[PDB]
J.: 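One structure coming up, written as structure tokens, with questions to follow.
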Amino acid sequence: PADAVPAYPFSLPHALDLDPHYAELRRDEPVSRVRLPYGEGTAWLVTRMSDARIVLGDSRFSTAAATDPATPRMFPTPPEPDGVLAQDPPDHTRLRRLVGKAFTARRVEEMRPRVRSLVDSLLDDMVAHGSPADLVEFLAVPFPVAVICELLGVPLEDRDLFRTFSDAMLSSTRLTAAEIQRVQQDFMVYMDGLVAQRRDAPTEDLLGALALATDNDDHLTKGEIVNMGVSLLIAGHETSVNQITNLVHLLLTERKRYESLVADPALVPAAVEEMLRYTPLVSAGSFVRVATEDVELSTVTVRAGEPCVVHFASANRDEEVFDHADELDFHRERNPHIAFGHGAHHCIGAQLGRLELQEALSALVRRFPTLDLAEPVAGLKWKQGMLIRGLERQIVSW
Ligand code: HEM
Ligand SMILES: C[C@]12CC[C@H]3[C@@H](CCC4=CC(=O)CC[C@@]43C)[C@@H]1CC[C@@H]2O
Ligand code: NA
């Protein structure tokens, strides 16, 4: 009848806790029907790692199909069809070659000197201010912003402008479809004007390459190119901003974790990997994939036409994959998490986010051995109504 399929998300999120329903689903109903907050009909929620790798990793699932306004989705506005996430291979592959060179592990690693220099600079400004201080204001926000503005070639003077835009674009329930469609439109025209400036004066930056491509690639559309600029500018700071605060929260609320990194700072890369695994940065669900053919998952054959949604954080707690999966452990031998997704849409910024997180924690644990949270855990201002989780403020002392 009117379905008794449960609403997803199941609940408003609490700090970085996973809803307890996911462990129940993994063990007893790993693929299950749900109703998403927008779109029509139902979708399969996938909570286990092997199923997640098939949904994310197989041509028989299409994200392009999900651009239909009737397809279930986690966000109010229908997906933009020229957005990178809504492309299927091989069209997706051609689109990613627009920018991909700049994001290889090799080119990102070459940014470490520049990136460390910027971190130290912001922590200089924090030490000037004096303890206590808001870590979000002095580190979590300015640091990513500066990295992505250098790489893209966005002016740092526009931070306030494009952070308003990005916050709205990451709305889950916080903003309505209309408000988000207006911001979408404004961000588009803004990005298009940044790229259009390179047309009489090319720059050695990503926006530079974007502008060369609008002239010399008769297989890429200006809509796709400009949307790539917009996507990179959003994901390129909003993820790491949140993840810096999230990692710091995990470290300070069981100080032993932080103390182990203070004692041994070369453990930081591994810790970053383990906290990526453990942190439900993506608040709930994922970009929907629609089966274009019947596909076998662990417990169910998804029919052609049926949508699916992966919960990344749930797959990252799969007990068949990780030992003591509900525990945070910086000395795991194996960590095949999907905090950065999997398959064709594997995060393009994965190496850059790793670099940023490593340089931010490494600097903290070496310079601020005495760092602690200097506001009550009860009052922490968790962002509400967004597709990702993180803190609006994090006052710390040292
Ligand atoms: C640690 C921080 C980050 C996390 C946890 C993260 C997580 C993810 C995840 C899970 C996906 C897959 C979404 C899906 O397939 O449904 C993804 C895709 C993506 N991420 Fe990231 N990301 C991070 C940092 C970044 C950065 C720094 C950038 C840009 C420089 C970026 C840009 C993207 C883009 C463009 C995609 C879409 C890729 C595609 O469709 O081909 N992300 N990210
Ligand atoms: C930025 C972006 C929208 C927000 C996405 C981001 C990929 C990673 C991610 C995971 C989600 O499930 C939604 C929020 C985010 C953070 C997307 C890449 C392109 C798209 O425009
Ligand atoms: Na979607």
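Shown for chain A, in order and in the PDB entry numbering: 10-407. Note that ligands are numbered from 1 as they come in the structure, with each ligand's atoms numbered from 1 the same way. All values below come from the heavy atoms of this structure, side chains included, with hydrogens, waters and symmetry mates left out.
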J.: Looking at ligand 2, which of azapropazone, testosterone, bromfenac, desipramine, mianserin is present there?
T.: testosterone
J.: In this entry, what is the main binding partner of testosterone, named as in the PDB entry?
T.: Cytochrome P-450
J.: Can a protein heavy atom be found under 4.0 Å away from atom 7 (C) of testosterone?
T.: no
J.: Look at testosterone and say whether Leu179 reaches it with a heavy atom at a distance under 4.0 Å.
T.: yes
J.: Protein heavy-atom contact under 4.0 Å for atom 4 (C) of testosterone?
T.: yes
J.: Look at atom 16 (C) of testosterone and say which protein heavy atom is nearest, naming residue and atom and giving the distance to 0.1 Å.
T.: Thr248 CG2, 3.9 Å
J.: Which residue owns the protein heavy atom closest to atom 17 (C) of testosterone, what's the atom, and how far is it?
T.: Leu94 CD1, 3.9 Å
J.: Tell me which protein heavy atom sits closest to atom 19 (C) of testosterone, plus the residue, atom name and distance to 0.1 Å.
T.: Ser240 OG, 3.5 Å
J.: Judged on heavy-atom distance to atom 11 (C) of testosterone, which of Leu242, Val291, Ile243 sits nearest?
T.: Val291
J.: Nearest to atom 15 (C) of testosterone, what protein heavy atom do you find, and at what distance?
T.: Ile397 CG2, 4.7 Å
J.: Under 4.0 Å from atom 1 (C) of testosterone, can you find at least one protein heavy atom?
T.: yes
J.: Under 4.0 Å, heavy atom to atom, what does testosterone touch in the other chains?
T.: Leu94, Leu179, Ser240, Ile243, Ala244, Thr248, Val291, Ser295
J.: Quick one: testosterone N/O to protein N/O pairs below 3.5 Å?
T.:
| from | atom 1 | to | atom 2 | distance (Å) |
| --- | --- | --- | --- | --- |
| testosterone | 21 (O) | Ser240 | OG | 2.8 |

